[PDB]
Amino acid sequence: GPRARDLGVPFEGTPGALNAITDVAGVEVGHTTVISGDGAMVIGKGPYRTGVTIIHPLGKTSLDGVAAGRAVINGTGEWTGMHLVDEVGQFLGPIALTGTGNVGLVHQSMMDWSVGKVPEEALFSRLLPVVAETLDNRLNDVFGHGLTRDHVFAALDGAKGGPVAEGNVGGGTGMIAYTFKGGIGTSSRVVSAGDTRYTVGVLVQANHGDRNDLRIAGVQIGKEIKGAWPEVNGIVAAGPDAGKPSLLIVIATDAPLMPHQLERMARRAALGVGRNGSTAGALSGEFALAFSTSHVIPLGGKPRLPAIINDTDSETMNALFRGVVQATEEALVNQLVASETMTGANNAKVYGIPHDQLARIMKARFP
Amino acid sequence: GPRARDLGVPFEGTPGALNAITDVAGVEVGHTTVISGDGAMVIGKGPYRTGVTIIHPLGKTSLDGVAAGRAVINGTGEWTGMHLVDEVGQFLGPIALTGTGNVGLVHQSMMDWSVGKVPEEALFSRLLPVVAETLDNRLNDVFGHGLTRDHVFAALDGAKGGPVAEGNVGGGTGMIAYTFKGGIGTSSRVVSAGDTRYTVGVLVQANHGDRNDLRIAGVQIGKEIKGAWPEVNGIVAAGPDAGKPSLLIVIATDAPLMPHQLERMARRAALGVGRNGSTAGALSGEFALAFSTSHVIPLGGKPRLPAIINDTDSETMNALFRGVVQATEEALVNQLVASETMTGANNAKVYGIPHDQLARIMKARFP
Amino acid sequence: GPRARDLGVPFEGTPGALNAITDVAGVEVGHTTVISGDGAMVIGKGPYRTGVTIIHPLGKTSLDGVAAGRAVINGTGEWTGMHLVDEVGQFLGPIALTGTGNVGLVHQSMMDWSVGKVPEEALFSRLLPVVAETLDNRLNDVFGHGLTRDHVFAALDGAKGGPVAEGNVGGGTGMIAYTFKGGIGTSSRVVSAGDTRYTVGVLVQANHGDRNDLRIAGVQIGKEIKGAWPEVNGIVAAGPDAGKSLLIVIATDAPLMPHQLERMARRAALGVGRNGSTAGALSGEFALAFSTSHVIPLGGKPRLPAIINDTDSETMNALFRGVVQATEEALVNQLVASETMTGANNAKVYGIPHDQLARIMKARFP
Amino acid sequence: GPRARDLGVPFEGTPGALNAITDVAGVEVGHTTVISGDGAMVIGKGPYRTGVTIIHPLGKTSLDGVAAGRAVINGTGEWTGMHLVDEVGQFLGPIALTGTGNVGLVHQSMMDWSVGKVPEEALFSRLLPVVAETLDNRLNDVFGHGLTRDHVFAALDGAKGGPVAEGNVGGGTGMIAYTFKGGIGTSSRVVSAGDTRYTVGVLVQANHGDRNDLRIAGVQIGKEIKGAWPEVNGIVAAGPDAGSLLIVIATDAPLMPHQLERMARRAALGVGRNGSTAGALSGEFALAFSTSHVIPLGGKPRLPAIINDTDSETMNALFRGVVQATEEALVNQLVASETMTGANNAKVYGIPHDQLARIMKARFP
Ligand SMILES: CC1(C)S[C@@H]([C@@H](C=O)NC(=O)[C@H](N)c2ccccc2)N[C@H]1C(=O)O
Ligand SMILES: CC1(C)S[C@@H]([C@@H](C=O)NC(=O)[C@H](N)c2ccccc2)N[C@H]1C(=O)O
Ligand SMILES: CC1(C)S[C@@H]2[C@H](NC(=O)[C@H](N)c3ccccc3)C(=O)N2[C@H]1C(=O)O
Ligand SMILES: CC1(C)S[C@@H]2[C@H](NC(=O)[C@H](N)c3ccccc3)C(=O)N2[C@H]1C(=O)O
Ligand SMILES: CC1(C)S[C@@H]2[C@H](NC(=O)[C@H](N)c3ccccc3)C(=O)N2[C@H]1C(=O)O
Ligand SMILES: CC1(C)S[C@@H]2[C@H](NC(=O)[C@H](N)c3ccccc3)C(=O)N2[C@H]1C(=O)O
């Protein structure tokens, strides 16, 4: 289907070939999407609209660490492995993005997955898995154990490079963003740092923001779109006619950055988010994690840093920073466009942002 | 002169009466502006385009502390008294915003100022003054001692409530923002938290960003404006026709917030900055400090907290957060509009964003 | 069993009645201790030497939050709920301390425990459980699913005030500290803060440090102790004859704000420092402090019965000294409470010898 | 005179040749010590008991940056240049340690010092000087402008390697630690990291702690010492008869910035060994830097070797070095600082050498 650019939304900068986080060499992505049941929710019996998204920084067979740094916009949420990142500037294993109710199950499943796949002596390196959440409470039976260990194994083992599925998939399945359907979005930038061009890739799991704040390409678009407010049982449940008939950001780069430099990359995510108008609600867990696929730490070995960058080198750093801002901005709009209307638990209905209206608005604003 | 709204720039939200940080009860602002000399720079002899801006959270006569919390967007800069704020959640004395070369002089001057005004028993409370900088290196003889202790005393003693002077004044005098003239800007929002309305006021000293990134009301306006690039000696010095013929954000609120809650307010500034397009350059020291004028700590006494707010109360917190984002966004545009064209050290000429073109663009975009 | 003071170890300050975290009124502690199997390890079959320790800040029936703040000494470990604490200065629900392999199971079990006990409208408040770990890898089948949901429920439901069991129990069951047996330890201080008194309670799950660095009451005691090095099947496995993480929970009834509780938590490092360890590269050493008087009713107005000035040295120094001293003592109490244990792969770790310790203390403090 | 070891205080580990931060090659230290006036304080006239201590990480002629990271024990104090360090993991120029009242003067003086010495194109790199304080308020006329630009220039220009003067010198001149005389202290450790040796050097400016908490070599010694309490005009002013800390860590280990933060976070453990509990207004800070991981101005960073954070053999050796050198630097300070009378005739005693030596002899036969 069309992505944001295909509907005429302009963005600044040059995307990588896939315009996705997988433009960064090494990165694989996998989703398991769990959609079952309709109507009234009973805890433990669905409906389920949930899942898990896996990102392997160096592919699924890697036992090595990647240099990493994080940032917090608003920390009302969970992201495990982050004390490790703060302390030693790297993490081992995959990143899992999922629904809040699944964190514990995913965390233990990743440990289980390592058994028989990792040398015994190396197993202890698999004991701080990285698992993050947003809450799919409006569309999904959160507490009801809809996600199984097999679902997690399937995402771990099925992850791959190449085009990344966006929208109502994996961890984003039951999410809501800007009062429209939330989900997964991704984008990349190839940025010129003098005579070297690096790739910055971003994947988001979006469950944040309000329709009234939303900007797409700078256009405050909430009031321009007619209808498409959420419903319950065929009754408008939000907006002017109500009653009538968190954000996870994962940044990959092939730039050979040190961990403190990656924290800097992570802190740029907030500027990209800011472009699109949201203001970080009190309980919106908005977090960013950045890693390098060129600065790798072989397990029990010497760190591999193929080149080294000066933080005060504006030509290099600004190109990277702008890449993060732009790819984050675009990943967020790509999510909205990829996400289709869904009806879930308790008959809650949330519309995907209307393509026809969006394209019409973009054409009028950008003749 | 006209402020941003007067030129047809739309913003969301409701400003306070003055649309300035002084809409928050207790707050006084003072500037001393130093403009002397023209032509080639000789270190120690100008030209000078610098100054200092003072913000008294509770007025110039207060010996008490205000609850406070900070945030960093990019920390390549100086802001003293911040270890204190991080540790004990309050600061004593005024906030000074100035040029980088002035920090030491301002810091000692603020100590000198307390002598004779503050009981010898309370003097030690005046020994961690709050002084922050952006670099006026393109228009000002930074190292040349253009700022005097008397200049600092004048700003401390002359500060007042009511309308706040914007543009090329005080600490902002010699600054450059988005490749246009930088300086001081301010805005406020009155925000509804249930049956209680709070005030959020913001003042910025802006020296950040690139013209190519600039958004005003979502409009990427750099390429829409014709000319007005900086010059040297009548020769265009930047942009397409080149060669041819940091950010300090101060947030005040009357909301009775605890220090950790004010950190949250400070972290919202990045989103407001994000709206206007900048991407935080490698050497751009972009910082935010938030304080409450209702949560006051009498010197050596019991903290006064007139009411208490739950962090998980979205109705109250989201109103405050949106206030910070909107006031920050507008304060940044207000700065640009207030700042006039200036020629400074080494005949560097930086244009104020052209009012006529800006108004024309806003009219075409927002009929 | 004797605790540290009973063996003649001197400490500074005044302990509470129970000399435990439960000296802070309303705090409840529960353990489930899992000890089964012997001999060679088979992943998935044990031997198991693990468990879980639960701390209910306001008791097991509370749905309210407590003001909270944390500190990191060395962050190579997991402690969930901590982004929440950093952001909004409070956490809901119990603290669980456990073995690394159990984190996910405990996390989901805590959610399950809320279902049926918590009004449906309030359930979302139970979605960021606080769970922390140290690694019982030398005595326990870490990956082998030895801990069950029922074990977690039992600790949650069985938690109580009063005296706290120490040593090889709950989360500390399979741990190793200063090359001796690790485990759970607790201590408290009653402090004079201006013209009121407050209690500072500390509980530790200790799995950190090296014998050669250990100080007890300032005495570098590792070299003064004879034998008691770990073994594997009869063969001494460390020390001169070889081949022949730390979780700190601080409770107080002082009405502190979140940022002030961060300051409390940052004092733990000083008390840790007193006892000699130097925080190894992979030693996850963490502290979390909460107030039981500054409470946040769910969806309501925070309750702060009095307010303290950070610059009030009389009040704050007393509280800080309390943390340092209670931490120092909790660490030694752990060592003394922990008995010799043989576990997975016939690994054997000795409890610090009571007779030698008492002897050394007697000679050092006649 | 004697240092702590000379009075029979035992410590763990192996000190460098100088037992000082200057065991890290290329580091230079300079003090300017300002002692003048006696009797009653009149603000602006003294008595003065203050000064400044300069540490040049790569020597005074370096225009380059050093990789760096910091830690806070209790942040009630000032240390400039630290936002820079947190953000970009390096700092340019010298570290200055001084009295609280002097921070602004020192900060501007460091800028002035660069003019004429640094190419104009490079001057902007000199605009975030690193200046830290503790408060000499009981012995010194803090607000009275006792420190001059010339004093600062002298410490900057006079700094050198080799032995480092301790006690009542430079920034530590008017300080008070554990209710005894405070000041400057330094120590070092040479550590074995697998098949390589590194040096960890520590210098402190100590103005912290209470006598009742003090431990030296594990001995709670405040109560074993008789008298030596502070006085004001012949009248005991503390104790039964009453009728902040800056830690600089240098290493030649090629550590990245986040790794140096870990080093800095070890300082608290060494502080903890000596008993203090970090008072509410005690600004206790640590800064660590590498002299081998250097960043040529406007150039490519130079990292001669790289270390894995999970390499316990290498990291643990370094961490223990910080802890031990911090512990010893604190005791070296006390022993180096002599009894001093200052503003308002306040008198603060150096920890008594005779009593300390006897206590150590009794505890460690
Ligand atoms: C159907 C709904 C999604 S619309 C909603 C309505 C009624 O209270 N409130 C909102 O608009 C609310 N601000 C909101 C809407 C979307 C995402 C987050 C918050 N009721 C919901 C639902 O029942 O889950
Ligand atoms: C006159 C000038 C301001 S324009 C500039 C031109 C030539 O190199 N470069 C820039 O555009 C540069 N990106 C820039 C411009 C403004 C603010 C920050 C960076 N030369 C300057 C000057 O000499 O001070
Ligand atoms: C219902 C909400 C108040 S919480 C939810 C979401 N926040 C998260 O997902 C976050 N990680 C989180 C916070 C608290 C507990 C568990 C998880 C957000 O914001 N949503 C609100 C909404 O739908 O309006
Ligand atoms: C010339 C610059 C590289 S530094 C300057 C400004 N940055 C600051 O003001 C900041 N607080 C700072 C950083 C370093 C030393 C002293 C102060 C920024 O960015 N400017 C660049 C520009 O004009 O292009
Ligand atoms: C085997 C070790 C290298 S890891 C262990 C312990 N550290 C922890 O428990 C910590 N939370 C952790 C770190 C990494 C993965 C999982 C858990 C520590 O230190 N131990 C060493 C030892 O026994 O020698
Ligand atoms: C007089 C004190 C209350 S402040 C002082 C010292 N703390 C500092 O030096 C610190 N950097 C600082 C804190 C506040 C203002 C200025 C400087 C400390 O503790 N001293 C107390 C004491 O002597 O009793």
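Each chain is given a letter, A onward, matching its sequence line's place in the list. To match the PDB entry, the residue numbers of chain A are left as they are there, and the shown ones run 1-245, 250-371. Going by the PDB entry, the residues shown for chain B are 1-245, 250-371, listed in order. Quick note: numbers on chain C are straight from the PDB entry, i.e. 1-244, 250-371, in order. Using the numbering of the PDB entry, the residues shown for chain D are 1-243, 250-371, in order. Because only heavy atoms are used, hydrogens play no part in the values below, and waters and symmetry mates are left out as well, while side chains stay in. For this deposited structure, the header notes the method as X-ray crystallography, 1.7 Å. When a ligand or atom number is given, it counts from 1 through the structure's own listing order.
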If you look at ligand 5, which of palonosetron, dinoprost, enalaprilat, progesterone, ampicillin would you identify there? ampicillin
Of all chains near ampicillin (ligand 5), which one has the greatest contact count, and what is it called in the PDB entry? Beta-peptidyl aminopeptidase
Other chains near ampicillin (ligand 5), heavy atoms under 4.0 Å: A, C
Could you tell me whether some N/O pair between A:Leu128 and ampicillin (ligand 5) is separated by less than 3.5 angstrom? no
Just which atoms of ampicillin (ligand 5) are under 4.0 Å from any heavy atom in C:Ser288? 19 (O)
Tell me the protein heavy atom at minimum distance from atom 8 (C) of ampicillin (ligand 5), and give that distance in Å. C:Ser250 OG, 2.6 Å
Atom 4 (S) of ampicillin (ligand 5) [closest protein heavy-atom partner, distance rounded to 0.1 Å]: C:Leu135 CD2, 4.0 Å
At what distance is the nearest protein heavy atom to atom 23 (O) of ampicillin (ligand 5), and which residue and atom is it? C:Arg138 NE, 3.0 Å
How far is atom 1 (C) of ampicillin (ligand 5) from its nearest protein heavy atom, and which residue and atom is that? C:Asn137 ND2, 3.5 Å
Which UniProt active-site residue from chain C sits closest to ampicillin (ligand 5), and what is the minimum distance between non-hydrogen atoms, to the nearest 1 Å? C:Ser250, 3 Å
Mark up the atoms of ampicillin (ligand 5) that fall under 4.0 Å of a heavy atom belonging to C:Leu287, in ascending order. 3 (C), 6 (C), 7 (N), 8 (C), 10 (C), 13 (C), 18 (C), 19 (O)
Ligand-side contact atoms (ampicillin (ligand 5)) for residue partner C:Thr134, heavy atom cut-off under 4.0 Å: 9 (O)
Which residue and atom name correspond to the protein heavy atom nearest atom 16 (C) of ampicillin (ligand 5), and how close is it? A:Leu127 CB, 3.8 Å
Quick check on contacts: which atoms of ampicillin (ligand 5) are under 4.0 angstrom from a heavy atom of C:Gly77? 11 (N)
Is there a nitrogen or oxygen of C:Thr100 sitting under 3.5 Å from a nitrogen or oxygen of ampicillin (ligand 5)? no
From atom 12 (C) of ampicillin (ligand 5), is the closest protein heavy-atom distance below 4.0 Å? yes
Give the numbers and elements of all ampicillin (ligand 5) atoms closer than 4.0 Å to a heavy atom of C:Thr76. 10 (C), 11 (N), 12 (C), 13 (C)
Please state which protein non-hydrogen atom is closest to atom 15 (C) of ampicillin (ligand 5) and give its distance, to 0.1 Å? A:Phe124 O, 3.4 Å
Provide the residues lining ampicillin (ligand 5) within 4.0 Å, heavy atoms only. A:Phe124, A:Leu127, A:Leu128, C:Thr76, C:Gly77, C:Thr100, C:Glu133, C:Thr134, C:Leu135, C:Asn137, C:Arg138, C:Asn207, C:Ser250, C:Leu287, C:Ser288
